[PDB]
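Record below includes rupintrivir (bound form).
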Amino acid sequence: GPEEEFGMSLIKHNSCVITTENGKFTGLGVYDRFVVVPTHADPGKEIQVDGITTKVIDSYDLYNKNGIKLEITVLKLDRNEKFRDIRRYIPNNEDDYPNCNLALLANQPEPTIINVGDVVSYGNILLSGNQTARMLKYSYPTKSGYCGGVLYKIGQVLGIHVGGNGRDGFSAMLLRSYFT
Ligand SMILES: *[C@@H](CC(=O)OCC)[C@H](C[C@@H]1CCNC1=O)NC(=O)[C@@H](CC(=O)[C@@H](NC(=O)c1cc(C)on1)C(C)C)Cc1ccc(F)cc1
(Lines of atoms letter the chains of each structure in order from A and count residues from 1; the text may use other names and numbers.)
(Lines give C-alpha, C1' and ligand atoms only; values in the text may rest on other atoms or scores of the structure.)
Protein backbone atom coordinates (compact mmCIF):
# COMPACT_ATOMS: atom_id res chain seq x y z
CA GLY A 1 0.00 0.00 0.00
CA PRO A 2 1.86 3.18 -1.20
CA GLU A 3 0.61 5.75 1.30
CA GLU A 4 1.66 3.67 4.38
CA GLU A 5 5.05 2.87 2.72
CA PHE A 6 5.37 6.64 2.04
CA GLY A 7 4.71 7.15 5.79
CA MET A 8 7.42 4.71 6.99
CA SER A 9 9.82 6.19 4.39
CA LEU A 10 9.20 9.70 5.67
CA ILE A 11 10.04 8.45 9.29
CA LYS A 12 13.25 6.66 8.09
CA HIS A 13 14.64 9.51 6.14
CA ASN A 14 13.07 12.64 7.61
CA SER A 15 12.13 11.96 11.14
CA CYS A 16 14.17 12.00 14.45
CA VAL A 17 13.60 12.30 18.27
CA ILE A 18 14.50 15.85 19.28
CA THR A 19 15.09 15.98 23.10
CA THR A 20 14.97 19.34 25.02
CA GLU A 21 14.38 20.42 28.72
CA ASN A 22 10.56 20.08 27.99
CA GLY A 23 10.92 16.31 26.99
CA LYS A 24 11.20 14.33 23.70
CA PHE A 25 9.55 15.57 20.44
CA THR A 26 9.30 14.17 16.85
CA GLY A 27 11.59 16.40 14.77
CA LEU A 28 10.97 16.70 11.05
CA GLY A 29 14.05 17.20 8.91
CA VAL A 30 12.97 19.46 6.00
CA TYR A 31 16.24 19.99 3.98
CA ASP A 32 20.06 20.35 4.53
CA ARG A 33 20.40 20.52 8.42
CA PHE A 34 17.03 22.28 9.04
CA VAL A 35 14.47 20.54 11.24
CA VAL A 36 11.08 21.68 12.73
CA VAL A 37 9.78 21.05 16.20
CA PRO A 38 6.75 22.44 18.03
CA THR A 39 7.62 25.88 19.38
CA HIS A 40 6.60 24.62 22.87
CA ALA A 41 9.46 22.06 22.55
CA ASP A 42 11.49 25.19 23.45
CA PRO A 43 14.90 24.18 21.99
CA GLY A 44 17.96 25.67 23.77
CA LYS A 45 21.67 26.17 22.64
CA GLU A 46 22.02 22.40 22.35
CA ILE A 47 19.34 19.74 21.91
CA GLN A 48 19.76 15.96 21.64
CA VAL A 49 18.98 14.57 18.08
CA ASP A 50 18.25 10.81 18.51
CA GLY A 51 20.24 10.90 21.71
CA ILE A 52 23.29 12.86 20.27
CA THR A 53 23.94 16.29 21.90
CA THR A 54 23.81 18.76 19.04
CA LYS A 55 24.47 22.48 18.96
CA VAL A 56 21.76 24.53 17.23
CA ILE A 57 23.36 27.31 15.09
CA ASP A 58 20.06 29.34 14.82
CA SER A 59 16.46 29.00 16.09
CA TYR A 60 13.61 30.76 14.20
CA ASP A 61 10.07 30.77 15.84
CA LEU A 62 7.51 31.04 12.95
CA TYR A 63 4.77 33.82 13.22
CA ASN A 64 1.97 34.94 10.79
CA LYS A 65 1.81 38.55 9.40
CA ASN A 66 -0.23 39.88 12.38
CA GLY A 67 2.24 38.76 15.01
CA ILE A 68 0.44 35.47 16.03
CA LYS A 69 2.58 32.36 16.59
CA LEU A 70 2.33 29.42 14.11
CA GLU A 71 3.77 27.05 16.79
CA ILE A 72 6.50 25.93 14.42
CA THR A 73 10.18 26.57 15.28
CA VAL A 74 12.80 26.08 12.50
CA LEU A 75 16.15 24.72 13.84
CA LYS A 76 19.47 24.98 11.98
CA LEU A 77 21.61 22.06 13.32
CA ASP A 78 25.41 21.81 13.69
CA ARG A 79 25.99 18.42 12.28
CA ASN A 80 27.32 16.60 9.31
CA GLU A 81 24.25 14.60 8.31
CA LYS A 82 22.06 16.26 5.67
CA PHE A 83 18.32 15.52 5.48
CA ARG A 84 16.61 14.48 2.18
CA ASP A 85 14.86 17.55 0.69
CA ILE A 86 11.05 16.93 1.40
CA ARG A 87 10.05 20.52 0.43
CA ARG A 88 8.46 19.39 -2.81
CA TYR A 89 5.88 17.55 -0.66
CA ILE A 90 4.90 20.71 1.22
CA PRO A 91 1.69 22.56 0.20
CA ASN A 92 1.92 26.18 -0.95
CA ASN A 93 -1.46 27.16 0.45
CA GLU A 94 -3.97 26.43 3.27
CA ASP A 95 -6.46 23.76 2.51
CA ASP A 96 -8.57 20.89 3.87
CA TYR A 97 -7.45 17.21 3.45
CA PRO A 98 -9.60 14.14 3.73
CA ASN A 99 -8.25 10.88 5.21
CA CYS A 100 -4.89 12.03 6.65
CA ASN A 101 -2.31 10.21 8.77
CA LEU A 102 0.01 11.01 11.65
CA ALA A 103 3.66 9.71 11.61
CA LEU A 104 4.88 9.30 15.17
CA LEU A 105 8.46 8.61 16.44
CA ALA A 106 9.25 10.19 19.82
CA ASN A 107 7.60 8.76 22.97
CA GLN A 108 6.51 5.75 20.85
CA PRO A 109 7.80 2.13 21.29
CA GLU A 110 8.62 2.35 17.54
CA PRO A 111 7.80 4.45 14.37
CA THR A 112 3.98 4.41 14.37
CA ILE A 113 1.44 5.51 11.64
CA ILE A 114 -2.00 6.63 13.07
CA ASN A 115 -5.00 7.48 10.70
CA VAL A 116 -6.66 10.61 12.06
CA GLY A 117 -9.33 10.96 9.34
CA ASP A 118 -10.41 14.20 7.66
CA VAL A 119 -8.52 17.43 8.23
CA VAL A 120 -9.73 20.97 8.09
CA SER A 121 -7.96 24.36 8.04
CA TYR A 122 -9.47 25.50 11.38
CA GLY A 123 -8.06 29.04 11.90
CA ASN A 124 -6.78 30.36 15.19
CA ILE A 125 -7.11 28.46 18.45
CA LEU A 126 -6.04 28.97 22.08
CA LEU A 127 -3.46 26.26 23.07
CA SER A 128 -3.07 26.27 26.96
CA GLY A 129 -4.19 29.90 26.94
CA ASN A 130 -1.89 30.87 23.94
CA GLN A 131 -3.33 32.15 20.59
CA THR A 132 -1.99 30.02 17.76
CA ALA A 133 -2.58 30.52 14.09
CA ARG A 134 -2.91 28.24 10.95
CA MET A 135 -4.33 25.17 12.71
CA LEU A 136 -5.23 21.91 10.99
CA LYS A 137 -7.93 20.12 12.87
CA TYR A 138 -8.96 16.51 13.00
CA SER A 139 -11.34 14.39 14.97
CA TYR A 140 -8.89 12.03 16.53
CA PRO A 141 -8.11 11.41 20.23
CA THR A 142 -4.35 12.26 19.98
CA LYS A 143 -2.37 11.86 23.25
CA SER A 144 0.45 13.49 25.15
CA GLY A 145 3.79 12.41 23.61
CA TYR A 146 2.41 12.94 19.99
CA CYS A 147 3.82 16.46 19.48
CA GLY A 148 6.06 16.89 16.52
CA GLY A 149 4.18 14.01 14.77
CA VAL A 150 4.08 14.56 11.00
CA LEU A 151 0.63 14.97 9.57
CA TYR A 152 0.73 13.50 6.00
CA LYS A 153 -0.92 11.72 3.06
CA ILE A 154 0.85 10.03 0.05
CA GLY A 155 3.26 12.62 -1.55
CA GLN A 156 2.08 15.28 0.98
CA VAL A 157 3.75 16.73 4.17
CA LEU A 158 0.87 18.76 5.68
CA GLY A 159 1.89 19.67 9.20
CA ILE A 160 3.23 18.81 12.62
CA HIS A 161 1.01 17.90 15.63
CA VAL A 162 0.99 20.43 18.53
CA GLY A 163 -2.10 19.96 20.71
CA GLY A 164 -5.40 18.37 21.48
CA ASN A 165 -8.16 17.90 24.07
CA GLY A 166 -8.91 14.19 24.20
CA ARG A 167 -11.45 14.68 21.46
CA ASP A 168 -9.68 16.59 18.70
CA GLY A 169 -6.07 16.99 17.54
CA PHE A 170 -4.45 20.12 15.98
CA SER A 171 -1.36 20.47 13.76
CA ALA A 172 0.69 23.55 12.91
CA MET A 173 0.38 23.97 9.14
CA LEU A 174 3.51 23.45 6.95
CA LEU A 175 3.73 25.89 4.05
CA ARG A 176 6.39 25.79 1.32
CA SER A 177 7.16 29.59 1.57
CA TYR A 178 8.32 29.03 5.22
CA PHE A 179 11.29 26.87 3.93
CA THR A 180 12.54 29.24 1.39
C1 LIG B 1 2.00 17.20 22.66
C2 LIG B 1 3.18 17.66 23.56
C3 LIG B 1 4.27 16.56 23.70
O4 LIG B 1 4.14 15.45 23.21
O5 LIG B 1 5.31 16.92 24.42
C6 LIG B 1 6.35 15.95 24.73
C7 LIG B 1 7.11 16.44 25.97
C8 LIG B 1 0.62 17.60 23.27
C9 LIG B 1 -0.53 16.83 22.61
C10 LIG B 1 -1.84 16.94 23.40
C11 LIG B 1 -1.85 16.39 24.83
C12 LIG B 1 -3.34 16.00 25.05
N13 LIG B 1 -3.84 15.79 23.68
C14 LIG B 1 -2.95 16.13 22.80
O15 LIG B 1 -3.01 15.76 21.63
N16 LIG B 1 0.43 19.06 23.24
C17 LIG B 1 0.27 19.75 24.36
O18 LIG B 1 0.20 19.13 25.42
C19 LIG B 1 0.10 21.26 24.32
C20 LIG B 1 -1.05 21.74 25.21
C21 LIG B 1 -2.41 21.28 24.66
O22 LIG B 1 -2.47 20.69 23.59
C23 LIG B 1 -3.69 21.64 25.47
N24 LIG B 1 -4.83 21.61 24.57
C25 LIG B 1 -5.45 22.70 24.20
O26 LIG B 1 -5.03 23.76 24.64
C27 LIG B 1 -6.50 22.57 23.30
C28 LIG B 1 -7.06 23.70 22.71
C29 LIG B 1 -7.98 23.15 21.81
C30 LIG B 1 -8.93 23.88 20.87
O31 LIG B 1 -7.95 21.81 21.86
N32 LIG B 1 -7.04 21.45 22.83
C33 LIG B 1 -4.06 20.62 26.57
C34 LIG B 1 -2.95 19.75 27.17
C35 LIG B 1 -4.80 21.37 27.68
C36 LIG B 1 1.36 21.96 24.81
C37 LIG B 1 1.32 23.33 24.32
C38 LIG B 1 1.31 23.58 22.94
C39 LIG B 1 1.26 24.89 22.46
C40 LIG B 1 1.21 25.95 23.36
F41 LIG B 1 1.20 27.19 22.90
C42 LIG B 1 1.21 25.72 24.71
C43 LIG B 1 1.26 24.40 25.19
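By the PDB entry numbering, chain A shows 1-180, in order. Keep in mind that the numbers below use all heavy atoms, side chains included, and drop hydrogens, waters and symmetry copies. Method reported for this entry: X-ray crystallography, 1.9 Å. One-based numbering, in listed order, for ligands and for the atoms of each.
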Open item on the list: Just wondering - which macromolecule does rupintrivir (bound form, ligand 1) hug the most here, in the naming of UniProt?
Closed with: Protease 3C
Open item on the list: Hi! What's sitting within 4.0 Å of rupintrivir (bound form, ligand 1) if we only look at heavy atoms?
Closed with: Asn22, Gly23, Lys24, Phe25, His40, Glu71, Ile125, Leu126, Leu127, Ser128, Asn130, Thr142, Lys143, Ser144, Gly145, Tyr146, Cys147, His161, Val162, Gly163, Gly164, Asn165, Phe170
Open item on the list: Any chance you can find the covalent attachment site for rupintrivir (bound form, ligand 1)? Residue and atom would be great.
Closed with: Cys147 SG
Open item on the list: Does rupintrivir (bound form, ligand 1) come near enough to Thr132 that some N or O of the ligand is less than 3.5 Å from an N or O of the residue?
Closed with: no
Task: N or O pair under 3.5 Å between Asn107 and rupintrivir (bound form, ligand 1) - done: no
- [ ] For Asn165, take its heavy atoms, then give the atoms of rupintrivir (bound form, ligand 1) lying under 4.0 Å from any of them.
- [x] 31 (O), 32 (N)
TODO: Please say whether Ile125 places an N or O atom under 3.5 Å from an N or O atom belonging to rupintrivir (bound form, ligand 1).
DONE: no
Task: N/O separation below 3.5 Å, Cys147 to rupintrivir (bound form, ligand 1) - done: yes
Open item on the list: Out of all atoms in rupintrivir (bound form, ligand 1), which are within 4.0 Å of some heavy atom of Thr142? Include the element for each.
Closed with: 13 (N), 14 (C), 15 (O)
Open item on the list: Show me which atoms of rupintrivir (bound form, ligand 1) lie under 4.0 Å from any heavy atom of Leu126.
Closed with: 26 (O), 28 (C)
Task: Dominant UniProt domain of chain A around rupintrivir (bound form, ligand 1) - done: Peptidase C3
TODO: Give yes if a backbone or side-chain nitrogen or oxygen of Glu71 is under 3.5 Å from a nitrogen or oxygen of rupintrivir (bound form, ligand 1), and no if not.
DONE: no
Task: Nearest active-site residue per UniProt, chain A, to rupintrivir (bound form, ligand 1) (non-hydrogen) - done: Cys147, 2 Å
Open item on the list: Considering both backbone and side-chain atoms of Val162, is one of its nitrogen or oxygen atoms within less than 3.5 Å of a nitrogen or oxygen in rupintrivir (bound form, ligand 1)?
Closed with: yes
Task: Any N or O of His161 closer than 3.5 Å to N or O of rupintrivir (bound form, ligand 1) - done: yes
Open item on the list: Need the rupintrivir (bound form, ligand 1) atom indices (1-based, order shown) with element for anything under 4.0 Å from a heavy-atom of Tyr146.
Closed with: 4 (O)
Task: Those atoms of rupintrivir (bound form, ligand 1) less than 4.0 Å from some heavy atom in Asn22 - done: 7 (C)
Open item on the list: Only heavy atoms of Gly145, strictly under 4.0 Å: list the atoms of rupintrivir (bound form, ligand 1) that pass.
Closed with: 3 (C), 4 (O)
Task: Atoms of rupintrivir (bound form, ligand 1) close to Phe170 [distance to a heavy atom under 4.0 angstrom, numbered from 1] - done: 29 (C), 30 (C), 31 (O)
Open item on the list: Closer than 4.0 Å to some heavy atom of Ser144 - which atoms of rupintrivir (bound form, ligand 1) meet that?
Closed with: 11 (C)
